[PDB]
A.B. asks: 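I came across a structure with olaparib and want to understand it better.
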Amino acid sequence: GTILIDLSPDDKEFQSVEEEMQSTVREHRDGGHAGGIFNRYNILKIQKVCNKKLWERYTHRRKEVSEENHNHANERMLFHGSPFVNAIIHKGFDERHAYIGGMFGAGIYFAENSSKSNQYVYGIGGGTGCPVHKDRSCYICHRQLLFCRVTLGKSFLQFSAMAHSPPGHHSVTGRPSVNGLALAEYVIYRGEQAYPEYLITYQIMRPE
Ligand SMILES: O=C(c1cc(Cc2n[nH]c(=O)c3ccccc23)ccc1F)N1CCN(C(=O)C2CC2)CC1
Ligand SMILES: [Zn+2]
């Protein structure tokens, strides 16, 4: 029961989502190996994801977490990249298909840096790149990210040197401590704690 509403570039909601994509690009320590070499995106489309059952599932869990956390859902808007974005928007996030080999445990991963999420769009470490050209830095093929509403509740703070949530915590904050320009990553252990609100289609742009 998911429908996708296409947003006009003139819509303020399009502009604020775009800004959140563009302004959270950073350089990656892999020199572009996983996600490609770029400083910005060409945003081709932004669609709002609408699915009543998934939304009600989201807001129900949110109220639970809120009540376990001095009335604070600790809701963020975070990026998620994956080859299975088309399954996430119809069926929601599935915690049995989590990142099993994740740095912060088996669970569903999100990023503050759009470019970190961009690294997973074609697979872990970027897989083998785009399906057409096998190119992790393809400037031609269309990529997709989700910009998602995520309940973190009480988040366990894990500093990093870059399954189930810790007892009495609702999520994990994975916070880089060596790269001072790297923003955080987050892990949730329940699919109902994220709702995939926006589906963003884009290309990476070749630096001039
Ligand atoms: O959380 C993951 C996952 C995440 C990753 C890593 C990851 N993926 N995407 C990111 O944006 C990201 C950001 C920071 C750190 C890690 C990531 C790898 C494999 C995975 F299966 N999911 C994969 C796809 N999921 C699904 O429900 C779809 C139906 C199969 C659930 C969520
Ligand atoms: Zn390509």
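We're sticking with the PDB entry numbering for chain A, so the shown stretch reads 952-1113, 1116-1161, in order. Values below: all heavy atoms of this structure, side chains included; hydrogens, waters and symmetry mates excluded. Counting starts at 1 for both ligands and their atoms, in listed order.
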A.B. asks: Identify all ligands or chains assigned to olaparib.
C.D. replies: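 Short answer: ligand 1.
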A.B. asks: Which chain forms the chief contact surface with olaparib (ligand 1), and what is its name in UniProt?
C.D. replies: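 Main partner, per contacts: Poly [ADP-ribose] polymerase tankyrase-2.
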A.B. asks: Within 4.0 Å of olaparib (ligand 1), heavy atoms only, which residues of other chains turn up?
C.D. replies: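 Heavy atoms under 4.0 Å: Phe1030, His1031, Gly1032, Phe1035, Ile1039, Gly1043, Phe1044, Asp1045, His1048, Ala1049, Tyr1050, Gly1058, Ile1059, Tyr1060, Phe1061, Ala1062, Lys1067, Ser1068, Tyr1071, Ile1075, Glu1138.
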A.B. asks: State the atoms of olaparib (ligand 1), each with its element, that fall below the 4.0 Å cut-off from a heavy-atom position in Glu1138.
C.D. replies: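 Olaparib (ligand 1) atoms under the 4.0 Å threshold to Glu1138: 14 (C), 15 (C).
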A.B. asks: Give me the residue, atom name and distance of the protein heavy atom closest to atom 13 (C) of olaparib (ligand 1).
C.D. replies: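 Result for atom 13 (C) of olaparib (ligand 1): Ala1062 CB, 3.6 Å.
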A.B. asks: Look at atom 21 (F) of olaparib (ligand 1) and say which protein heavy atom is nearest, naming residue and atom and giving the distance to 0.1 Å.
C.D. replies: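 Result for atom 21 (F) of olaparib (ligand 1): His1048 O, 2.9 Å.
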A.B. asks: Among all protein heavy atoms, pick out the one at the shortest distance from atom 32 (C) of olaparib (ligand 1); state its residue, atom name and that distance to 0.1 Å.
C.D. replies: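 Protein heavy atom at minimum distance: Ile1059 CG2, 3.6 Å.
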A.B. asks: May I ask you to identify the nearest protein heavy atom to atom 12 (C) of olaparib (ligand 1), giving residue, atom name and distance to one decimal place in Å?
C.D. replies: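 The closest heavy atom on the protein side is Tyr1071 CD1, 3.7 Å.
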A.B. asks: Could you list which atoms of olaparib (ligand 1) come closer than 4.0 Å to a heavy atom of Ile1075?
C.D. replies: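 In order of number, 18 (C), 19 (C).
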A.B. asks: Counting each atom of olaparib (ligand 1) from 1 as listed, which ones have a heavy atom of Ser1068 under 4.0 Å away?
C.D. replies: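 It comes down to these atoms of olaparib (ligand 1): 10 (C), 11 (O).
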A.B. asks: Could you tell me which atoms of olaparib (ligand 1), counted from 1 in the order shown, lie closer than 4.0 angstrom to a heavy atom of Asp1045?
C.D. replies: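 By the 4.0 Å cutoff, the relevant atoms are 26 (C), 27 (O), 31 (C).
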A.B. asks: Most contacts to olaparib (ligand 1) come from which UniProt domain of chain A?
C.D. replies: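 The majority map to UniProt domain PARP catalytic.
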A.B. asks: Using a 4.0 Å cut-off to any heavy atom of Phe1044, which atoms of olaparib (ligand 1) qualify?
C.D. replies: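 Listed by number with element: 27 (O).
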A.B. asks: At what distance is the nearest protein heavy atom to atom 28 (C) of olaparib (ligand 1), and which residue and atom is it?
C.D. replies: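 The answer is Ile1039 CG1, 3.6 Å.
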A.B. asks: What Zn(2+)-binding residues, per UniProt, in chain A have a non-hydrogen atom within 4.0 Å of olaparib (ligand 1)?
C.D. replies: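 Checking heavy atoms, no UniProt Zn(2+) residue is near olaparib (ligand 1).
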A.B. asks: Help me out: which other ligands and ions are under 4.0 Å from olaparib (ligand 1)?
C.D. replies: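 The list is empty.
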A.B. asks: Got an N/O contact under 3.5 Å between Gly1032 and olaparib (ligand 1)?
C.D. replies: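 Yes, at least one N or O pair falls under 3.5 Å.
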A.B. asks: For olaparib (ligand 1), which atoms have a heavy atom of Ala1049 less than 4.0 angstrom away?
C.D. replies: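 Under 4.0 Å from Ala1049, olaparib (ligand 1) has these atoms: 20 (C), 21 (F).
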A.B. asks: Heavy-atom contacts with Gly1058 under 4.0 Å: which atoms of olaparib (ligand 1) show up? List them by number with element.
C.D. replies: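 Those of olaparib (ligand 1) that fall under 4.0 Å from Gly1058 are 1 (O).
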A.B. asks: If I apply the N/O under 3.5 Å rule, does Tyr1060 come out as touching olaparib (ligand 1)?
C.D. replies: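 Between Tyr1060 and olaparib (ligand 1), an N or O pair is found under 3.5 Å apart.
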A.B. asks: Provide the number and element of each atom of olaparib (ligand 1) under 4.0 Å from a heavy atom of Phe1035.
C.D. replies: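 Selected atoms, number and element: 28 (C), 30 (C).
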